[PDB]
Asks: 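I'm sharing a structure that contains padsevonil.
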Amino acid sequence: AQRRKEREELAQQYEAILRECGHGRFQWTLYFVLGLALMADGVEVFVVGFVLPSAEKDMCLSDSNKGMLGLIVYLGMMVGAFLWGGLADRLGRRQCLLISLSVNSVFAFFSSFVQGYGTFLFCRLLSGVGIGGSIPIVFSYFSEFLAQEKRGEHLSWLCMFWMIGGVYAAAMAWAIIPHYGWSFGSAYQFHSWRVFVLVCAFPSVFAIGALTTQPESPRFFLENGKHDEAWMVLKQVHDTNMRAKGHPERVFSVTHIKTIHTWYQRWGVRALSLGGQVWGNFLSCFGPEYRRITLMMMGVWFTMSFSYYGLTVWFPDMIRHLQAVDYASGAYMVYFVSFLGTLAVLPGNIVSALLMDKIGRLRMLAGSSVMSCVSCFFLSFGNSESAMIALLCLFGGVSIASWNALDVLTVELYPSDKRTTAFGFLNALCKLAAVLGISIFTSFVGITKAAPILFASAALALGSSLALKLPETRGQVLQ
Ligand SMILES: COCc1nn2c(CN3C[C@@H](CC(F)(F)Cl)CC3=O)c(C(F)(F)F)nc2s1
Ligand SMILES: COCc1nn2c(CN3C[C@@H](CC(F)(F)Cl)CC3=O)c(C(F)(F)F)nc2s1
């Protein structure tokens, strides 16, 4: 009964406290620290999508087992997303981010030394389970330090690190394992898939190391009744910002903050309680006051992920076909296209970041979705490799804006006590959509050119039609 009023008061006071702390060196530091975490997810996604389907041809496998590994890893990412997103609302943002990154790093490290396909599959699956939790936790964790004045722009600036991780993975793949030799094969060669697997883990290890230095989210502390810890963290933020700005004498004035109020047997009971609470949050996401928002969010996210991850398998085959037609008269191609795509995304992320708080989230999302639909439709007309690459750059440049807007909107539409639960559920749905799109678009490879693009464009059109119905959030305190 009373809790809604108490939480509204908490949000209103928290916004004022953040305005007192201001924006400065602390948020700039946290920005890079969490950017490393996003980069790790980018690296893993690239490895699953482009390296491993290329390595499947050298590692010995039965024909029926060829596509198994990516499916398994994406399902692991789905499970990890739901698990860590749910737990981050009960144990904390920093805690769960540390745990998930540790899992990812440990099993990525272990996968370098295995001597068989089964054990490699196991270790890679658990690495996926680990990394699946990063994005939902990262975005909420960063959002909880941002004042409403420029929260959208600051959240939008965060998405570059994912593309940077993709570029990092592609460059390391080209440098270390050209031709994608993957024999289960090193003897300390420094030019081997084991060394590539190790090098891909560096962003996650650095993320863990840097993240150990950062404080836990004070909003999480306040929502769980820990007044003094939240006060200490907020004082740390204020003092860091003011000392960096050359005003060490300024005093943090906040006096009091609103707050909300055998060994194995004990562990079992604890786990049961945690499961019950996570399930309660997940079911609350479909309560009468959030059901419609959740369903519309599901539709939009599913359609966007479906179209993108279907194109991830459509485009390389189109390039191969065009190259074959031209020749009728490698890793470097992937690295080159990835680098150009990142350079194309960059202007789109700059523009969307600068406009996010100027024109609102809904208009950004709708315009970017329409432009994404049309740019996807244009792919059917490419007659040559250069034109195809240019059109892919166009599509990425326009779609990054819609993904940014939907990230901000997803952050702001859900309350802090279940934000990471909602975000994790949506991210798990996105990875399920990735699985489905990859399989369905793989089924088209032998048939025709146009139907996959028409299908993706229709999916994006439906996504935009749903996106038009979401409520605007610009100019509101973080619920
Ligand atoms: C909707 O379309 C997306 C496609 N991206 N993409 C690429 C390169 N990437 C890889 C992407 C990033 C990550 F997912 F890997 Cl982490 C960004 C990008 O541009 C290629 C290839 F270069 F291999 F040919 N083919 C396609 S489709
Ligand atoms: C709801 O949960 C799922 C989310 N995934 N996701 C990502 C990761 N991307 C970026 C996409 C490729 C693009 F070219 F379109 Cl930017 C594909 C993808 O999966 C980001 C990002 F950091 F990139 F901004 N934001 C969110 S939300």
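Start at 1 with the first residue, then count along the sequence. Per the header of the entry, the method used was electron microscopy, 2.7 Å. Values below: all heavy atoms of this structure, side chains included; hydrogens, waters and symmetry mates excluded. As the structure lists them, so they are numbered: ligands from 1, and atoms in each ligand from 1.
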Asks: Which partner chain accounts for the most atom contacts with padsevonil (ligand 2), named as in the PDB entry?
Replies: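 By most contacts, it's Synaptic vesicle glycoprotein 2A.
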Asks: Under 3.5 Å between some N or O of padsevonil (ligand 2) and some N or O of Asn404?
Replies: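 Looking only at distances, the answer is no, because the N/O contact criterion of under 3.5 Å is not met.
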Asks: Taking 4.0 Å as the limit for heavy-atom contacts, which would you say applies to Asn427 with padsevonil (ligand 2): side chain only, backbone only, both, or neither?
Replies: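 It is both parts that get close, each with some atom under 4.0 Å.
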Asks: Counting heavy atoms only, which of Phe423, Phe425, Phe302, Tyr308 comes nearest to atom 14 (F) of padsevonil (ligand 2)?
Replies: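 Looking at heavy atoms only, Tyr308 sits closest to atom 14 (F) of padsevonil (ligand 2).
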Asks: How far is atom 20 (C) of padsevonil (ligand 2) from the closest protein heavy atom, and which atom is that?
Replies: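 For atom 20 (C) of padsevonil (ligand 2), the nearest protein heavy atom is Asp407 OD2, 3.7 Å.
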Asks: Which taxon does the entry assign to chain A?
Replies: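 The entry lists the source of chain A as Homo sapiens.
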Asks: Check padsevonil (ligand 2) against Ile400 and write out every atom of the ligand that is under 4.0 Å from a heavy-atom position of the residue.
Replies: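 That gives atoms 16 (Cl) of padsevonil (ligand 2).
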Asks: Could you find the nearest protein heavy atom to atom 5 (N) of padsevonil (ligand 2) and give me its residue, atom name and distance?
Replies: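 I find the closest protein heavy atom is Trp403 CZ3, 3.6 Å.
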Asks: Considering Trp162, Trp301, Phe395 one by one, which has a heavy atom nearer to atom 8 (C) of padsevonil (ligand 2) than any of the others?
Replies: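 Checking each option, the heavy atom nearest atom 8 (C) of padsevonil (ligand 2) is found in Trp162.
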Asks: Of the protein's non-hydrogen atoms, which lies at the shortest distance from atom 19 (O) of padsevonil (ligand 2), and what is that distance?
Replies: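 Its nearest protein heavy-atom neighbour is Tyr309 OH, 3.1 Å.
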Asks: Got the closest protein heavy atom to atom 24 (F) of padsevonil (ligand 2), with its distance?
Replies: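 For atom 24 (F) of padsevonil (ligand 2), the nearest protein heavy atom comes out as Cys159 SG, 3.0 Å.
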Asks: Can you pull out the closest protein heavy atom to atom 7 (C) of padsevonil (ligand 2)? Residue, atom name and distance to 0.1 Å, please.
Replies: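 Scanning the protein heavy atoms, the shortest distance from atom 7 (C) of padsevonil (ligand 2) goes to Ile135 CD1, 3.8 Å.
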Asks: At a 4.0 Å heavy-atom threshold, which residues contact padsevonil (ligand 2)?
Replies: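 Heavy-atom neighbours of padsevonil (ligand 2): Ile135, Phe139, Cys159, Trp162, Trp301, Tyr308, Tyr309, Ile400, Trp403, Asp407, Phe423, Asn427, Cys430.
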Asks: List of N/O pairs, padsevonil (ligand 2) versus protein, all under 3.5 Å?
Replies:
| unit_1 | atom_1 | unit_2 | atom_2 | d |
| --- | --- | --- | --- | --- |
| padsevonil (ligand 2) | 2 (O) | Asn427 | OD1 | 3.4 |
| padsevonil (ligand 2) | 19 (O) | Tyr309 | OH | 3.1 |
| padsevonil (ligand 2) | 25 (N) | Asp407 | OD1 | 3.2 |
| padsevonil (ligand 2) | 25 (N) | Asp407 | OD2 | 2.6 |

